[PDB]
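Below is Dihydrofolate reductase with trimethoprim bound.
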Amino acid sequence: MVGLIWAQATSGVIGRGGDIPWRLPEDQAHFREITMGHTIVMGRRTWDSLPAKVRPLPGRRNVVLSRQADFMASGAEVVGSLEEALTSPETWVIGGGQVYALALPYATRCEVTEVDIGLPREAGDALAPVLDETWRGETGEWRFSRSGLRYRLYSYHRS
Ligand SMILES: Nc1ncnc2c1ncn2[C@@H]1O[C@H](COP(=O)(O)OP(=O)(O)O)[C@@H](O)[C@H]1OP(=O)(O)O
Ligand SMILES: COc1cc(Cc2cnc(N)nc2N)cc(OC)c1OC
């Protein structure tokens with residue numbers, strides 16, 4: 001089962017200056033809940049951006065996609081193609097924009113957080129993959145986070 005998991009603003013922005021452009025602890029909790037115990041796949045640039053004490057993500061099999069054959073990813077495996085990244089019983093692709101594009105055609109689930117923040121797309125932004133007409137499932141009710149930022153969860157699926 002190949003899933004994608006991401007958080008986006010309503011406009012589709014998922015990154016600005018290499019950062020998620022909001023603060024949402026409750027989305028961090030949701031991300032852990034969906035991924036824990038499973039394989040996670042990320043691009044090398046995403047791995048390299050993480051603080052040393054936060055990688056590998058604990059409790060999950062970490063897979064890093066790279067074209068650098070000598071890359072050292074302490075506590076993870078490094079694969080040189082997407083095919084080899086998707087052989088576990090359940091895999092969550094966790095970023096970045098490049099790897100989400102690559103994996104989209106293979107995915108049969110998406111777990112999306114939509115953040116109700118009016119960030120128009122700007123030069124340099126990273127953008128979410130586009131969900132086409134093949135997907136179905138639940139668009140959850142809006143909730144206020146503890147700070148007052150509104151968010152809701154999509155749980156979509158397809159054959
Ligand atoms: N088909 C593929 N096979 C192998 N590695 C790939 C790949 N597509 C993407 N990548 C890797 O994933 C990196 C992209 O990571 P990312 O998706 O986290 O980045 P971005 O956040 O900038 O979209 C690529 O630069 C490449 O890693 P290297 O720079 O180390 O070579
Ligand atoms: C690459 O590692 C991480 C990536 C993210 C981005 C992310 C954040 N929120 C959601 N819903 N999905 C995502 N993929 C969130 C993370 O922790 C909350 C990660 O662990 C360090």
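In this chain, residues are counted from 1 in sequence order. Values below: every heavy atom of this structure, side chains too, minus hydrogens, waters and symmetry copies. For ligands, and for the atoms within them, numbers begin at 1 and follow the listed sequence.
- Counting every copy, the structure places trimethoprim at ligand 2.
- Neither the backbone nor the side chain of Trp92 has a heavy atom within less than 4.0 Å of trimethoprim.
- Residue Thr113 touches trimethoprim through its side chain alone, judged by heavy-atom distances below 4.0 Å.
- The nearest heavy-atom contact from the protein to atom 6 (C) of trimethoprim is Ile20 CD1, 4.1 Å.
- Residue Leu57 touches trimethoprim through its side chain alone, judged by heavy-atom distances below 4.0 Å.
- Closest to atom 21 (C) of trimethoprim, if we only count protein heavy atoms, is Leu50 CD2, 3.7 Å.
- At the top of the distance list for atom 2 (O) of trimethoprim, counting protein heavy atoms only, stands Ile94 CD1, 3.5 Å.
- Per UniProt, most contacting residues of chain A around trimethoprim lie in the domain dhfr.
- UniProt lists residues of chain A as binding NADP(+); of these, a heavy atom within 4.0 Å of trimethoprim is found for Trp6, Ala7, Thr46, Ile94.
- One option in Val41, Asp27, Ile5 has a heavy atom closer to atom 14 (N) of trimethoprim than any other, and that option is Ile5.
- Interface of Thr46 with trimethoprim, defined as ligand atoms under 4.0 Å from a residue heavy atom, comprises 1 (C).
- Of the protein's heavy atoms, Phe31 CE2, 3.6 Å lies nearest to atom 19 (C) of trimethoprim.
- Of all atoms in trimethoprim, listed by their number and element, those nearer than 4.0 Å to a heavy atom of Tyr100 are 14 (N).
- My check of the UniProt substrate-binding residues in chain A for heavy atoms under 4.0 Å from trimethoprim returns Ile5, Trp6, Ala7, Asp27, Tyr100, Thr113.
- Near trimethoprim, within 4.0 Å on a heavy-atom basis, the structure shows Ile5, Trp6, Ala7, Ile20, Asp27, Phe31, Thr46, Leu50, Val54, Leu57, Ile94, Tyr100, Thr113.
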